[PDB]
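Throughout, a chain's letter reflects where its sequence line sits, starting with A, and its residues are numbered from 1. Each ligand, and each atom within it, is numbered from 1 in the order the structure gives. Below, each value reflects all heavy atoms present in this structure, side chains not excepted, and no hydrogens, waters or symmetry copies. Header lists the method as X-ray crystallography, 1.6 Å.
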There are 4 protein chains.
Amino acid sequence: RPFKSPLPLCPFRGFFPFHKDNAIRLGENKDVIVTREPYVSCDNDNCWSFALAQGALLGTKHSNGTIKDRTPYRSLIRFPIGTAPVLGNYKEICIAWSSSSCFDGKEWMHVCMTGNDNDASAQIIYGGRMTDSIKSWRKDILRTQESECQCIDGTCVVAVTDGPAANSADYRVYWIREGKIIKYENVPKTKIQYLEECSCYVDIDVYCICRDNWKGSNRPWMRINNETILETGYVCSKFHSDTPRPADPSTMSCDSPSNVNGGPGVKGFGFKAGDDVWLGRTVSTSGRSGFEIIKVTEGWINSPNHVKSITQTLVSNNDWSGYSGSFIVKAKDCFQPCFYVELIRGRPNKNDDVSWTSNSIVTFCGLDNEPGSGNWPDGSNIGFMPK
Amino acid sequence: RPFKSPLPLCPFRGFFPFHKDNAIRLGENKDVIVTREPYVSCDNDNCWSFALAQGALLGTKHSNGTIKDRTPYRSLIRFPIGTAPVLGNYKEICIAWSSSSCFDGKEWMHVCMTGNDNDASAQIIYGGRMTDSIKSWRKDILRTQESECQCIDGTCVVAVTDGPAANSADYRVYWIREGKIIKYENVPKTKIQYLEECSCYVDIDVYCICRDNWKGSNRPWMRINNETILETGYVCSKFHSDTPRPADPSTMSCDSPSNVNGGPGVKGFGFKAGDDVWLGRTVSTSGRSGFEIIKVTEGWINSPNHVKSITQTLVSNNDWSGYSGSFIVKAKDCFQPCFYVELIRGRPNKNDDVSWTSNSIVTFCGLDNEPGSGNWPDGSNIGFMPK
Amino acid sequence: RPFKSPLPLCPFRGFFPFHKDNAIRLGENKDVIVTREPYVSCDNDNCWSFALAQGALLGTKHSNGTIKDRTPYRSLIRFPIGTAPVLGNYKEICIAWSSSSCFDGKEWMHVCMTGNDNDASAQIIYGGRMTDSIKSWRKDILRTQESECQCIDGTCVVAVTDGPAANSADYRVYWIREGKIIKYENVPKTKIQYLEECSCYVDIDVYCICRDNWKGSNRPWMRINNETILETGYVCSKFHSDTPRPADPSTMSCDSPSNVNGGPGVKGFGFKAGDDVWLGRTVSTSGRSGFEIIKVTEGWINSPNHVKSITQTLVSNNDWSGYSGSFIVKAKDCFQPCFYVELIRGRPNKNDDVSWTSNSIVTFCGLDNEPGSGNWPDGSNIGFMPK
Amino acid sequence: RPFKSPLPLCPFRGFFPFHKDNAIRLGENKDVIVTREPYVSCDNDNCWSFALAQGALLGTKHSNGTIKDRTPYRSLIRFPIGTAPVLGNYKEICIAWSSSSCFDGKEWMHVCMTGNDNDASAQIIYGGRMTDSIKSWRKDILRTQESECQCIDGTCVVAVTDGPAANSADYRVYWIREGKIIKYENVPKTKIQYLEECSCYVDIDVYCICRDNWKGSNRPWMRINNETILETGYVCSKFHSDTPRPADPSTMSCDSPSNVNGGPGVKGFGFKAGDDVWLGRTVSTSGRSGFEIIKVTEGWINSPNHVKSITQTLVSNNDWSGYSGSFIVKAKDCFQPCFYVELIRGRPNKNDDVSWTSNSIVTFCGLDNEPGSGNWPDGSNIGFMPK
Ligand SMILES: *[C@@H]1O[C@H](CO[C@@H]2O[C@@H](C)[C@@H](O)[C@@H](O)[C@@H]2O)[C@@H](O[C@@H]2O[C@H](CO)[C@@H](O)[C@H](O)[C@H]2NC(C)=O)[C@H](O)[C@H]1NC(C)=O
Ligand SMILES: *[C@@H]1O[C@H](CO[C@@H]2O[C@@H](C)[C@@H](O)[C@@H](O)[C@@H]2O)[C@@H](O[C@@H]2O[C@H](CO)[C@@H](O)[C@H](O)[C@H]2NC(C)=O)[C@H](O)[C@H]1NC(C)=O
Ligand SMILES: *[C@@H]1O[C@H](CO[C@@H]2O[C@@H](C)[C@@H](O)[C@@H](O)[C@@H]2O)[C@@H](O[C@@H]2O[C@H](CO)[C@@H](O)[C@H](O)[C@H]2NC(C)=O)[C@H](O)[C@H]1NC(C)=O
Ligand SMILES: *[C@@H]1O[C@H](CO[C@@H]2O[C@@H](C)[C@@H](O)[C@@H](O)[C@@H]2O)[C@@H](O[C@@H]2O[C@H](CO)[C@@H](O)[C@H](O)[C@H]2NC(C)=O)[C@H](O)[C@H]1NC(C)=O
Ligand SMILES: *[C@@H]1O[C@H](CO[C@@H]2O[C@@H](C)[C@@H](O)[C@@H](O)[C@@H]2O)[C@@H](O[C@@H]2O[C@H](CO)[C@@H](O)[C@H](O)[C@H]2NC(C)=O)[C@H](O)[C@H]1NC(C)=O
Ligand SMILES: *[C@@H]1O[C@H](CO[C@@H]2O[C@@H](C)[C@@H](O)[C@@H](O)[C@@H]2O)[C@@H](O[C@@H]2O[C@H](CO)[C@@H](O)[C@H](O)[C@H]2NC(C)=O)[C@H](O)[C@H]1NC(C)=O
Ligand SMILES: *[C@@H]1O[C@H](CO[C@@H]2O[C@@H](C)[C@@H](O)[C@@H](O)[C@@H]2O)[C@@H](O[C@@H]2O[C@H](CO)[C@@H](O)[C@H](O)[C@H]2NC(C)=O)[C@H](O)[C@H]1NC(C)=O
Ligand SMILES: *[C@@H]1O[C@H](CO[C@@H]2O[C@@H](C)[C@@H](O)[C@@H](O)[C@@H]2O)[C@@H](O[C@@H]2O[C@H](CO)[C@@H](O)[C@H](O)[C@H]2NC(C)=O)[C@H](O)[C@H]1NC(C)=O
Ligand SMILES: CCC(CC)O[C@@H]1C=C(C(=O)O)C[C@H](N)[C@H]1NC(C)=O
Ligand SMILES: CCC(CC)O[C@@H]1C=C(C(=O)O)C[C@H](N)[C@H]1NC(C)=O
Ligand SMILES: CCC(CC)O[C@@H]1C=C(C(=O)O)C[C@H](N)[C@H]1NC(C)=O
Ligand SMILES: CCC(CC)O[C@@H]1C=C(C(=O)O)C[C@H](N)[C@H]1NC(C)=O
Ligand SMILES: [Ca+2]
Ligand SMILES: [Ca+2]
Ligand SMILES: [Ca+2]
Ligand SMILES: [Ca+2]
Ligand SMILES: [Ca+2]
């Protein structure tokens, strides 16, 4: 098997429903593992669901309080795409309360952070063997993407951060080849001010669209190759895509955060398309409910012509959403753009009267065809669930 | 692996019991996924069960009301043939409330419809990647076979419908090659008036025997190759095979619906054999109970000589049945004809006093040997089941 | 892969504990499928457990009354050797209330009987496809070995019976090659009078040691090759091995049933070793409790020198046993002799106060080393079990 | 595939968290198999968890009393590394109440002891076939490592013991090639006095660090090749690593047990590194709580310079630990040193108010990087568990 190449994105004009796991509905009888921060990544044979498990089954007493982000009992797990994660189908990849995974064409790489907040380490797993590690250098929650990394010609690129969420953190990119760290770079801060939870894809180069958790309702981004960071900015679109954010239309800021509705943000994604941009976002401008994707004409560039040419509403605003991220699927000579949406149920969502916090997953892929319309929310009646 | 070829059907003179999943009996302790619209399809290594799941486990609170046909929580799932579908053995193929699948000799293709009734889309999956789609053009429940499609020399043929169930719908056939739509045809309406839920097999050409849900107690059919629709009609047999239908013997109508007991019909199948025809049917002429298969001498043609030369009663009329469909299994130089029967339990069946609707499966294959006799119903005591 | 050859048995002087599933103990929480008539058979990569499931989970309401031998809800299932059969690990091989399976070196063959007592049929499955069938010719419980068949140079040999248990049945051997029946023979009745449930192995030729269910406390046997039945008799050993049977020592009858304690018998096995014989048997001479294996000096022949040179007590007489059968495992240039013991719990066993009937499995293999001693019974406390 | 070679250990300076199964937390709803004596061993494709199951699910009535070491209902089972062992994911390797496993580069070998205390036998399994056996020669609990054996150039080396725990036992090493016993040696007793439960790894030669259960708070060790035992001793380190043991610093004894706090000991491990040594140990000097690993400068040799240069506290002393053992993972031209820690919950641990005894697993691997810090205990709230 050859290493994955720097292919362009395939043509696309809309997104179509792919896999949906209905994990919460299916967990009513306590079979399903509690998770959050799911994502999808594919190898030569299959696409897979990944998520950070909580070391408990949904609805059991050990699931109470799983809103807590970091415990020693969290592992990155893998399970068949669109299935609910159960003890009979999951694989445990590594101990982790923050993770990223990607397939380089030959083998899987994983980046797994765990340990004390002030002294975490990232374990690099390659072909199932622990091959390298990163030591916390700022001693404040060493952490990574919570979605797939990207590999070009054998070199994998992954965003890694350490330092105070809310006090000037060090955002880095690491380059890793066959499980061995080659180099890192500190992300330039000339434009980007805050850069959490990058969602990345390949379109010749690696593009990452991330979360400014402090000052920007518009999303920061970077373009990277197998050698270096090439470009940075914020998405120009006057239609912002973080949560919270101002109502449409807002300000155009290509080089700085909007400086309004800046935090806390939510992990999200987008796809540059020529001078245009596709952006996922919650339907709500204030909370993690609903999900839509918009295409903004000339939204990647400084332009008077920003318009939402397409709006697909995929999860209604009467339903909970959560994180979202990009993944790619190799076509023949291009990469198809896809994404997942985390559908968070439980704490702290209003009226989800249970003690646990978990999610289900829904996914969509891009085609060069016109889409229809529908609604694919979590679908659980929370009143039916063990608390 | 070569693409599957236009092989003839193998010789056969009776049908024999193959796999049975006993899924409802085995679901008494809430392990089994709620399904309906099952079917079977085989690749080079295995035959598989497929079905439209309901995103709930049988007997849980989320299973209440699963008589409802179309929700966002339905997915096409696959599980080992003759096993009950459980979280530990299933795979999720795609989001779908209507589906068809077929193996072309190299890879699996799936056709998956989901979304709003007035704007559904069909996703085409090939080798696990979403490769194409069909947009609803009549805006009224875009839908497909609920059994296996057929592929000849790399081109797969699948029946797709859009438009009012009960007001003149557009019935089409699509030709799809390596996941890419090549062309479609509108089914000629010179003979066929209504054409739902086609059950297809290969005997050199593709033959489909379908469901007229409005005017015909006799079944409509078409013959198709890798290029075009070759022939259409209704099954000539004066012994009708839809449900409801007149008592035997009825009218011979080769070119039009019987115009009696026309609706609602049920998905079913048959096999042309020379000038004869094998037809599956419920034992009841009014409801979905029992299952038998008959061979009608000269039943494919206009003839004074129609007689039921063979009647195999496979599920007694004291037991519930449901949909049935054909599948083929490659022999060496011919295809063996097989079929499945959906055994529906729960709503709306009289005295199935539970709130859910699901099914089990039983299957039979044709051999050129004389069969014995037996009875292979669902077998659940509904009074034992969680409601 | 070449077809399996007519290899001799490897040298052996004792039997050693191999795999044990503890299926009843592990089924206390209703996870385990109800079974009986288990056996073991191996391919090039793995040994497997097989059994006739009852289409219900142990301890559920549908498990009540599973003492009943023949229902439409029984299937031959396969699961990893030494594991308990659960919905998450089993495969359904075919619908069956009597079965045999064997691997020919290239593919698995199965023989599966099901249907009405007076019109059953045997389906022959080869490489997963139904390839042939046998129609009941005596119309009285067409039935087979309940343990592995044997294949030599591509031709598989399997014992098949039809006709009154207790009124002169037709015992046959069938020869089947790549799933196609080649020929059958009626077993000669010059010596053998009753021949049920043969346990067979290969030692150059096929040897089968069976159950006379009417007149013989000594076991009937036959020797078969890829062409014909070569020899028949009853095991000469004055130490009998069916259940019930006379206390040791009893009569030597090489050519006829003992004519004492003849019925009902139990499926069992043995291994000829030169002029000696190894025989498995219950410890009790009256009921299905305990299990031991004995080696009888010159026990295969008419001789004044019969002595039990070895007695291994493997399941104590305070514990329930059941059926037992031989299987072989290819060494390099010989076959290793192994066997399984069915450990039946539930009805009708005295003080097993539950409504169901099921079993666990324990297995042993022969080595040319001296064995130790132990006890490997089912081990369930029946009072802990759901009834 | 070539046989595994005598590679050196890779460079390492700290240990990093790898896989963690959280098996007790995940067993709250009675899905998980009761185990103890877990270990890890890897083949060319995967690392695996192994353990001695108890033939019962955790929290069921059959789990009551599983503190008992030896029953016929114990089997060596295998399950994916870092997953909880459940009926849907486990494989049963052999009947065993003591075991060792190792992969030789081509196939798995297992050593499985079972049977009566006074007449046990060890079954040798190779490529899934039982190929040889060892008969108890001292008639007193024939037993083995409870962690992975080691194979060099096709010859596997395994420590096997028979005779009174507390009255002069025979400690042996066996050499086994493709499942056939080649030879054994009696371990020299010139230095070693007691040698139980060896934890072994490869660093050119095989090194084993074991448990003196009678006289030594320091650990006995041996160095072995494919032919013979090369060297024996006790670990020189004045910082002892068995449990119980004296507080640091204690005595330096390279050639004899410390003769203080000698019993009962606990299975543990270490890694020689030049003249230095890494030693795992409980945090407590009296009981099985906590886990740390220390590196002792010149700790392998007689030296005035013993100092703990590194102490990693991996499980706090407020949490239960248990057995620990080494395993290796092939890098390219060296073996990476790794280890597991058994986290025992239930009887007889103070305040674990349940009737059963089981464990979870956590694992760590060595890298030539500086580690961070954390805590990875079992994590179950025992008050939440079925008793
Ligand atoms: C990085 O990969 C390049 C090849 O990729 C091209 O250049 C990248 C920087 C990026 O722009 C991609 O989109 C381009 O496709 C490697 O360049 C090769 O280098 C080798 C060794 O010097 C040389 O023999 C080849 O000519 C180069 N190949 C091409 C097509 O230019 C480069 O080695 C990689 N760098 C690292 C640090 O891994
Ligand atoms: C979810 O858990 C809370 C907290 O549980 C308590 O603290 C935990 C860490 C653990 O120690 C538990 O055993 C404790 O009970 C539950 O709230 C508690 O409920 C109990 C019993 O009703 C009550 O006595 C305590 O005062 C409560 N503690 C607090 C701080 O509220 C809560 O009930 C659990 N939710 C569900 C649905 O079970
Ligand atoms: C459709 O397949 C044919 C081959 O199948 C034959 O013709 C079909 C229409 C149908 O009648 C089958 O049962 C027949 O077996 C393809 O015909 C080939 O075309 C290529 C390219 O022109 C030519 O080189 C070969 O001679 C043809 N092969 C044969 C045996 O005639 C045809 O290309 C297919 N059409 C499409 C649109 O895919
Ligand atoms: C199956 O469900 C019905 C309907 O449940 C109600 O509506 C659902 C959409 C959901 O909102 C439920 O929580 C509602 O209860 C059940 O019928 C209801 O039963 C409840 C309690 O007995 C009663 O208060 C309501 O009036 C009933 N509603 C109607 C319209 O009949 C029914 O009991 C369920 N069946 C089973 C076996 O549980
Ligand atoms: C049955 O197999 C034989 C080969 O097996 C040998 O003969 C058997 C009857 C039995 O005694 C075995 O243990 C022996 O090992 C086949 O004999 C071959 O026949 C072919 C074709 O005629 C011939 O070319 C070979 O010489 C034969 N091989 C040998 C070694 O004799 C025979 O064909 C098989 N019969 C059937 C009906 O399948
Ligand atoms: C095992 O089942 C028997 C029989 O159950 C009855 O007949 C079955 C075919 C089915 O129709 C059941 O629903 C019937 O109840 C049970 O014995 C019956 O128990 C019920 C309730 O106590 C009693 O009313 C009947 O008279 C009994 N029938 C007979 C013939 O004895 C038995 O209790 C079941 N065992 C267990 C452990 O549940
Ligand atoms: C044991 O293996 C040796 C090869 O391993 C080397 O010697 C060992 C004793 C040990 O020191 C290892 O670390 C060394 O790497 C085998 O030696 C071979 O023997 C064959 C046959 O005599 C001979 O042709 C080769 O020259 C030897 N190879 C080398 C490199 O010396 C030896 O056969 C093994 N012994 C047994 C009993 O299996
Ligand atoms: C764990 O089991 C003990 C012992 O159970 C008894 O002995 C077993 C071998 C088996 O025969 C059981 O059926 C017996 O009950 C339990 O202690 C017993 O509890 C019962 C009921 O409360 C009491 O009548 C006995 O006197 C107790 N026996 C002893 C020796 O203490 C214990 O309760 C079980 N623990 C749990 C959590 O269920
Ligand atoms: C610690 C910073 C980080 C990004 C802002 O916080 C996160 C936000 C979360 C959220 O906004 O939902 C949940 C995450 N599990 C989390 N990451 C970790 C490692 O705890
Ligand atoms: C919508 C038309 C169609 C065929 C007549 O109706 C069906 C009949 C059904 C039935 O007669 O049982 C159940 C089906 N799930 C259904 N199809 C969909 C897509 O809802
Ligand atoms: C029908 C004759 C046959 C052999 C004597 O009876 C059997 C004896 C049985 C027994 O003695 O336990 C159980 C079997 N399941 C059975 N076989 C069938 C097909 O019902
Ligand atoms: C019998 C001697 C042996 C080593 C000291 O005892 C063990 C100690 C144990 C322990 O100290 O936890 C548990 C073990 N399961 C055991 N081994 C067997 C075979 O019973
Ligand atoms: Ca923000
Ligand atoms: Ca009709
Ligand atoms: Ca008898
Ligand atoms: Ca359960
Ligand atoms: Ca000690």
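Most-contacted chain for ligand 9 in this structure, per the PDB entry: Neuraminidase.
The drug candidate or drug found at ligand 9 is named oseltamivir carboxylate. At a heavy-atom cut-off of 4.0 Å, other chains contacting oseltamivir carboxylate (ligand 9): A. Per-atom contact check: atom 12 (O) of oseltamivir carboxylate (ligand 9) touches the protein, criterion being a heavy-atom distance below 4.0 Å.
For the pair A/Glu197 and oseltamivir carboxylate (ligand 9), the shortest N or O to N or O distance does not fall below 3.5 Å. The N/O atoms of A/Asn213, backbone and side chain alike, include none that comes under 3.5 Å of an N/O atom in oseltamivir carboxylate (ligand 9).
The closest non-hydrogen atom to atom 14 (C) of oseltamivir carboxylate (ligand 9), taken over A/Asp69, A/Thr243, A/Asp117, comes from A/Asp69.
Of the polar atoms of A/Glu37, at least one N or O is found under 3.5 Å from an N or O of oseltamivir carboxylate (ligand 9), judged by distance alone.
Residues contacting oseltamivir carboxylate (ligand 9) within 4.0 Å (heavy-atom distance) are A/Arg36, A/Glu37, A/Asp69, A/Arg70, A/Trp97, A/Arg143, A/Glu196, A/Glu197, A/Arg211, A/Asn213, A/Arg288, A/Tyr323.
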Identify the protein atoms, limited to N or O, that lie within less than 3.5 Å of an N or O atom of oseltamivir carboxylate (ligand 9), and list each pair with its distance to 0.1 Å.
| unit_1 | atom_1 | unit_2 | atom_2 | d |
| --- | --- | --- | --- | --- |
| oseltamivir carboxylate (ligand 9) | 11 (O) | A/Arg211 | NH1 | 3.1 |
| oseltamivir carboxylate (ligand 9) | 11 (O) | A/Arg211 | NH2 | 3.0 |
| oseltamivir carboxylate (ligand 9) | 11 (O) | A/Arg288 | NH2 | 2.8 |
| oseltamivir carboxylate (ligand 9) | 11 (O) | A/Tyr323 | OH | 3.4 |
| oseltamivir carboxylate (ligand 9) | 12 (O) | A/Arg36 | NH1 | 3.0 |
| oseltamivir carboxylate (ligand 9) | 12 (O) | A/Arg288 | NH1 | 2.8 |
| oseltamivir carboxylate (ligand 9) | 12 (O) | A/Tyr323 | OH | 3.4 |
| oseltamivir carboxylate (ligand 9) | 15 (N) | A/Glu37 | OE2 | 2.7 |
| oseltamivir carboxylate (ligand 9) | 15 (N) | A/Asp69 | OD1 | 3.0 |
| oseltamivir carboxylate (ligand 9) | 20 (O) | A/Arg70 | NH1 | 2.8 |

